[PDB]
K.L.:
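What follows is a single structure, and I will ask about it in a moment.
We're numbering straight along the sequence, starting at 1. Start at 1 and go down the list; that is how both ligands and their atoms are numbered. Hydrogens, waters and symmetry mates play no part in the numbers below; they use all other heavy atoms, side chains included.
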Amino acid sequence: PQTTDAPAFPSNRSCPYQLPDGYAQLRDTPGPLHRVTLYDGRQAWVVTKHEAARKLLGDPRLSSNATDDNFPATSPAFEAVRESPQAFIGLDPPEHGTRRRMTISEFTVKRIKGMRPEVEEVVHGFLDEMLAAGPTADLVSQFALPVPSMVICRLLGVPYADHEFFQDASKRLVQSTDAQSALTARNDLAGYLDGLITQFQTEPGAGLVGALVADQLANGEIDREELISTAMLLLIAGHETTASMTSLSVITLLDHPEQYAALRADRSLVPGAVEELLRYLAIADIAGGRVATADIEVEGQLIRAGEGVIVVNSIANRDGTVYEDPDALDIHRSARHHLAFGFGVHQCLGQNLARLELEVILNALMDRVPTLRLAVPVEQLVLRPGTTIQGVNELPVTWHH
Ligand code: HEM
Ligand SMILES: C=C1/C(=C\C=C2/CCC[C@]3(C)[C@@H]([C@H](C)CCCC(C)(C)O)CC[C@@H]23)C[C@@H](O)C[C@@H]1O
């Protein structure tokens, strides 16, 4: 027999908004942890329950150090992370905090509120272009990706002019299946960001990157390579996550036409619906890799120092002890406390920006294209595999022209 007690991980979605069969199995298995086998044949733990996920994401014994030999890399591409200085996503206290604090001013509640008119302007701008061209469009390339790309570019002070280049490099890096393809795309982005830094040293400019160059870099409080990594982190997260959420959300809402109509009829529901969609879709479900620096006992199971642990937030967000009937989309439910953005010191920096963008996007689509529908069968869409940010690279849509 082929039965194993350490199943291959990650697994692929076969339905854009449902756990892969293997994740459903792990969700159903009693206890906080379960053994898996990574791509290289090393075993690691996955965390498969909601409260245990919060506990372990809060445990300083679980390091985010992606350079550790025992870090649970889920594919060969991750070499692109371990081969350069880490952005703060890969740091632990105290270095984590000193780096994260250099960026937090761009993401304050007050700043997010202040970006509402810009995000609304950008959303409607790309809509009026898409709709003026008329039906059979790819929602990914024409809307889902350019909108948050333009927004994060202004926040960072990266020229939107260069979008074709950095969007292509972003995709190759994040979606690469092999180490050399990842290293190249990372190197391409690095050289670009490097030139931007030098440009800012000659002529000060707006945006976070400009601010970091003029201040912390000039004081030697951040390494040039760290600034590159930090900018690359924010550029890619700023783009890809919201893009993925937009496309997946349209697919999922259109498969739930009853709740979609309800959303349209009562816009006060959109913020809650956005939380439910974040819970349900969990697009960064394997962005929870850690390595134990010390033994950790977990409800009778022992994680040993030097063992890898992945906090699987998709599985955790389907914990029925927390979300009653967890596999049912319900935009009226309280999706509060979900783990789509992590928990603790590395909890998503961009979360409130994501929430603003998705609220504006949903309202705009319902306002401007109420007859939006997919132009192909859900079954014919190609879903990205489990080793990356979840989503689709193409989304054929049409509407009443
Ligand atoms: C749109 C949906 C998004 C999802 C589902 C999401 C998910 C996550 C998750 C699960 C983590 C934690 C990773 C860990 O614990 O190792 C994270 C961290 C992070 N995310 Fe988000 N993200 C989203 C949007 C954004 C946006 C729009 C940005 C803007 C740049 C952003 C920036 C970051 C950064 C900088 C971190 C690292 C925080 C730290 O390590 O201190 N994210 N995200
Ligand atoms: C942007 C950065 C870089 C790489 C990001 C990648 C490449 C590999 C796969 C990653 C890490 C994606 C995976 C979905 C996350 C898998 C996480 C894990 C290995 C724990 O299951 C998200 C972003 C992707 C390069 C780094 O130098 C700066 C910044 O860091």
K.L.:
Which drug molecule has been modeled at ligand 2?
P.N.:
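Its PDB name is calcitriol.
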K.L.:
What is calcitriol bound to in this structure, taking the chain with the most contacts and naming it as in the PDB entry?
P.N.:
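Its main partner is Cytochrome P450-SU1.
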K.L.:
Can you find an N or O of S84 that's nearer than 3.5 Å to an N or O of calcitriol?
P.N.:
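No, no N or O pair falls under 3.5 Å.
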K.L.:
Numbering the atoms of calcitriol from 1, which are under 4.0 Å from a heavy atom of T74?
P.N.:
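Numbered from 1, calcitriol contributes 18 (C), 19 (C), 21 (O).
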K.L.:
What do you think, any protein heavy atom under 4.0 angstrom from atom 10 (C) of calcitriol?
P.N.:
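Protein heavy atoms within 4.0 Å of atom 10 (C) of calcitriol - there are none.
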K.L.:
Which residues carry both labels: UniProt calciol-binding in chain A, and heavy atom within 4.0 Å of calcitriol?
P.N.:
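Among UniProt's calciol binders, a heavy atom under 4.0 Å is found in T74, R186, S229, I286.
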K.L.:
Any idea which atoms of calcitriol are less than 4.0 Å away from a heavy-atom of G289?
P.N.:
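Here the atoms of calcitriol in question are 20 (C).
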K.L.:
Give the residue and atom name of whichever protein heavy atom lies nearest to atom 5 (C) of calcitriol, and the separation in Å to one decimal.
P.N.:
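The answer is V81 CG2, 3.9 Å.
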K.L.:
Do me a favour and list the nearest non-hydrogen protein atom to atom 26 (C) of calcitriol with residue, atom name and distance?
P.N.:
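The closest one turns out to be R186 NE, 3.9 Å.
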K.L.:
By number and element, which atoms of calcitriol are closer than 4.0 Å to a non-hydrogen atom of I389?
P.N.:
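Per the distance check, 14 (C).
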K.L.:
My understanding is that we take every heavy atom of each candidate and find the minimum distance to atom 24 (C) of calcitriol. Doing that for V291, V174, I283, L235, which one comes out nearest?
P.N.:
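The residue whose heavy atom sits nearest atom 24 (C) of calcitriol is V174.
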K.L.:
Would you mind running through calcitriol and noting each atom that sits below 4.0 Å from a heavy atom of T388?
P.N.:
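Counting from 1, the qualifying ligand atoms are 14 (C).
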K.L.:
For atom 3 (C) of calcitriol, what is the closest protein heavy atom, and at what distance to 0.1 Å?
P.N.:
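For atom 3 (C) of calcitriol, the nearest protein heavy atom comes out as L173 CD2, 3.9 Å.
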K.L.:
Has calcitriol got any nitrogen or oxygen that is less than 3.5 angstrom from a nitrogen or oxygen of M232?
P.N.:
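The answer is no, given that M232 and calcitriol share no N or O pair closer than 3.5 Å.
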K.L.:
From atom 19 (C) of calcitriol, is the closest protein heavy-atom distance below 4.0 Å?
P.N.:
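Protein heavy atoms within 4.0 Å of atom 19 (C) of calcitriol - there is at least one.
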K.L.:
Can you find a non-hydrogen atom of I310 under 4.0 Å from calcitriol?
P.N.:
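False for this residue.
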K.L.:
Does calcitriol have an atom under 4.0 Å from some heavy atom of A182?
P.N.:
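Contact check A182 vs calcitriol: negative.
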K.L.:
Which residues make up the contact shell of calcitriol at 4.0 Å, heavy atoms only?
P.N.:
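Counting heavy atoms, the site comprises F71, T74, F78, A80, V81, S84, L173, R186, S229, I236, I286, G289, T388, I389.
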